[PDB]
Amino acid sequence: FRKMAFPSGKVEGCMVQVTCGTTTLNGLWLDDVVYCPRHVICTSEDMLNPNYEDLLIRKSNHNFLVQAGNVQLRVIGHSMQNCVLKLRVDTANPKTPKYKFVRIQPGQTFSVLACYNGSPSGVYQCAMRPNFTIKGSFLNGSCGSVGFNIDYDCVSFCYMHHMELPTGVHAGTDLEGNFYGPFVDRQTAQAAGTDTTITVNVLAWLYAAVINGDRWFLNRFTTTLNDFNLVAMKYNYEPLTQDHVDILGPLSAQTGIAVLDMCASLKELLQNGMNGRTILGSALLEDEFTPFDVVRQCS
Amino acid sequence: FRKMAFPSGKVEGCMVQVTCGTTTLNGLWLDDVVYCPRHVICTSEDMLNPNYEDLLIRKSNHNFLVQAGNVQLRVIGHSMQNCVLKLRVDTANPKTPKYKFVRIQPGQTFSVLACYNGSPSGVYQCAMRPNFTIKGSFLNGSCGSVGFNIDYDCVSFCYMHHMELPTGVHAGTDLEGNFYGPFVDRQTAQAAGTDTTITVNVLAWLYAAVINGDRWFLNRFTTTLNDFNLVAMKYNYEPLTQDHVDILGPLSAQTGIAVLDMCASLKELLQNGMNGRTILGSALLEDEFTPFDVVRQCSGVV
Ligand SMILES: CC(C)(C)[C@H](NC(=O)C(F)(F)F)C(=O)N1C[C@H]2[C@@H]([C@H]1C(=O)N[C@H](C=N)C[C@@H]1CCNC1=O)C2(C)C
Ligand SMILES: CC(C)(C)[C@H](NC(=O)C(F)(F)F)C(=O)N1C[C@H]2[C@@H]([C@H]1C(=O)N[C@H](C=N)C[C@@H]1CCNC1=O)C2(C)C
């Protein structure tokens, strides 16, 4: 049972390089617009305390160098939408897929295509954490890499990468330029809210463990939804709603384990610990598989 | 530190579907040849005990339905090479990347593009285990999905998927049709052998830890390679080869920790355990990152 990303090719054909001065990062080229993080306009010194509207008014179209592979795209217009810059170019991208911009909910997952200098580097799956950070793998020059999901050849872009917090987690925006979380695109010490664990995802993953034949954590105890939620809150787990119970329906029907029965197992896991044992090869309870991710891989 | 697959676009453009009878699986379309598992020619009853040479004699070019999407590619020739079928088609794939076929060693990792009906579905990173299985995610119809690495726009194909063993792990061939491990493409009682831990990759993981400042496990001991190999096997760890010592060269140089010093550090971990501390925030020693994977992730390769 593996974390599985979507095939990245439809996104690869959209990645370009954007340079302003000596600051270079990635952009997303859809039709005749390139989307990229607005801090491309900052000198490394500007990033310490930027006034973006002031910085942007001092730029012309010619200050932006957009490279698609070896070919330069002429910038014929620019505007800022929140923390994203939209560069109108003189060429429409022939590989533009059917796409949508979506803002995802905490606990949902997406694939990241990490890129450097407009060139794709690697692909992996992330979840939007409850504190609105992601546990990614990004280095210098990765900004403008995007997160996405793919549904019947439609790419739903949900994340553009902007920054790494001192704890090593990552923060970014939707494609309208609005940050996930209480962060700002300024080079200054920033911390996230205390994180919490995505309960419905842990349950989905326990169902995956049972499907794959691992049942040592199961029990005969029972719990009500409210009593489970009291324990979840005590252990910094997110509340489980009735909608989550409904969403876990198919996995519950497939394994014959009632949702509240799996909740009772999780409650004892939180209260007893894992006694050094593992589940699906993991020494910790995994919360980055949604119920959808689990069904898509088991079914 | 996380499992990063290669971008899959160059491989997606090569995936087709191959049907013989009612059996559909995936094929790899490079230039004017489609490569696929030979059991596409079997009926469900055939797979229980197939004679591939005679079953292939009873097939002709016009028995093979090869489709890119729903577009049929006319088959103009067929041959069998080990457990792969090679179907010559009348159209050269314009999306063919620069490519090589390679046979990998246990411990080496690769990206898998899981496909169904010729349509790519997902991508993930896999390590070839010492017992010649991969811990993959493959459902019905996944056969012919491929594994690959990339280096500077050259795709090295190393795996084609054929089967699932009862423990849930997966087995297949190189692109010349030779199985990894003792497996055969027959629906017969087969089982994965006992597995071992990939020592060279654990060591790479230890170097990755050191690079990030997590180095409590660096001890004052060293060892010889032969002494280490003999002890590691008592802990179900693979012995190191000379090639393993050399592939750890770059990480040894970057950290200044000699390979045999790191072997001595790992030996102490095996002999005394962790003692309730973690490495890279884990109580388990990870063995599915190669030394190249560590450098690839810590650098910005393409
Ligand atoms: C870690 C760094 C301290 C230097 C800083 N972080 C914080 O200032 C914080 F603490 F507020 F997060 C930070 O990320 N940036 C500083 C400057 C941009 C951003 C930045 O360099 N983005 C990179 C885009 N190519 C991706 C980074 C590089 C390392 N890994 C990544 O993911 C902006 C906020 C404008
Ligand atoms: C698990 C199955 C019992 C049915 C059987 N296994 C064993 O007979 C073993 F136990 F010996 F391995 C087995 O896999 N096959 C039987 C028959 C081919 C192969 C097969 O169906 N391949 C599928 C290709 N599309 C991929 C499979 C589907 C499930 N998950 C996968 O990956 C061949 C060996 C010729």
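The chains are labelled alphabetically, A first, in the order the sequence lines are listed. Residue numbering for chain A follows the PDB entry, covering 3-301 in order. Following the PDB entry, chain B shows residues 3-304, kept in their order. Determined via X-ray crystallography, 1.5 Å. Only heavy atoms go into these numbers, but all of them, side chains included; no hydrogens, no water, no symmetry mates. Counting starts at 1 for both ligands and their atoms, following the listed order.
- The drug observed at ligand 2 carries the PDB name nirmatrelvir (bound form).
- The macromolecule with the greatest number of heavy-atom pairs within 4.5 Å of nirmatrelvir (bound form, ligand 2) is, in UniProt, named 3C-like proteinase nsp5.
- In contact with nirmatrelvir (bound form, ligand 2) at heavy-atom distances under 4.0 Å, by letter: B.
- The shortest separation from a heavy atom of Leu141(B) to nirmatrelvir (bound form, ligand 2) is under 4.0 Å, placing the residue in contact.
- Nearest to atom 10 (F) of nirmatrelvir (bound form, ligand 2) by heavy atom, out of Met165(B), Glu166(B), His172(B), is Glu166(B).
- UniProt assigns most of the residues of chain B contacting nirmatrelvir (bound form, ligand 2) to the domain Peptidase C30.
- Lab note: per PDB, source of chain B = Severe acute respiratory syndrome coronavirus 2.
- With a heavy-atom cut-off of 4.0 Å, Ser144(B) touches nirmatrelvir (bound form, ligand 2) through backbone and side chain alike.
- The distance criterion of under 3.5 Å between nitrogen or oxygen atoms is not met by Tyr54(B) with respect to nirmatrelvir (bound form, ligand 2).
- Closest to atom 29 (C) of nirmatrelvir (bound form, ligand 2) by heavy atom, among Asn142(B), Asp187(B), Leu167(B), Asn28(B), is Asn142(B).
- In terms of polar-atom proximity, defined here as any N/O pair under 3.5 Å, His163(B) does make such a contact with nirmatrelvir (bound form, ligand 2).
- Residue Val186(B) places no N or O, backbone or side chain, under 3.5 Å from any N or O of nirmatrelvir (bound form, ligand 2).
- From nirmatrelvir (bound form, ligand 2), the nearest residue that UniProt flags as active site in chain B, along with the heavy-atom distance to 1 Å, is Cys145(B), 2 Å.
- Under 4.0 angstrom from nirmatrelvir (bound form, ligand 2), there are no non-hydrogen atoms of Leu27(B).
- The part of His164(B) lying near nirmatrelvir (bound form, ligand 2) is the backbone, judged by heavy-atom distances below 4.0 Å.
- When non-hydrogen atoms are compared, nirmatrelvir (bound form, ligand 2) lies under 4.0 Å from the side chain of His41(B) (C-beta onward) but not from its backbone.
- With the cut-off at 4.0 Å and only heavy atoms counted, the binding site of nirmatrelvir (bound form, ligand 2) comes to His41(B), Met49(B), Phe140(B), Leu141(B), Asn142(B), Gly143(B), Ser144(B), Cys145(B), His163(B), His164(B), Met165(B), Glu166(B), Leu167(B), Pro168(B), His172(B), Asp187(B), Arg188(B), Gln189(B), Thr190(B), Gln192(B).
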Would you mind listing each N/O atom of nirmatrelvir (bound form, ligand 2) next to any protein N/O under 3.5 Å, plus the distance?
unit_1, atom_1, unit_2, atom_2, d
nirmatrelvir (bound form, ligand 2), 6 (N), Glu166(B), O, 2.9
nirmatrelvir (bound form, ligand 2), 14 (O), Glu166(B), N, 2.9
nirmatrelvir (bound form, ligand 2), 22 (N), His164(B), O, 2.9
nirmatrelvir (bound form, ligand 2), 25 (N), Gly143(B), N, 3.4
nirmatrelvir (bound form, ligand 2), 25 (N), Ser144(B), N, 3.4
nirmatrelvir (bound form, ligand 2), 25 (N), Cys145(B), N, 3.0
nirmatrelvir (bound form, ligand 2), 30 (N), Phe140(B), O, 3.3
nirmatrelvir (bound form, ligand 2), 30 (N), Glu166(B), OE1, 3.0
nirmatrelvir (bound form, ligand 2), 32 (O), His163(B), NE2, 2.7

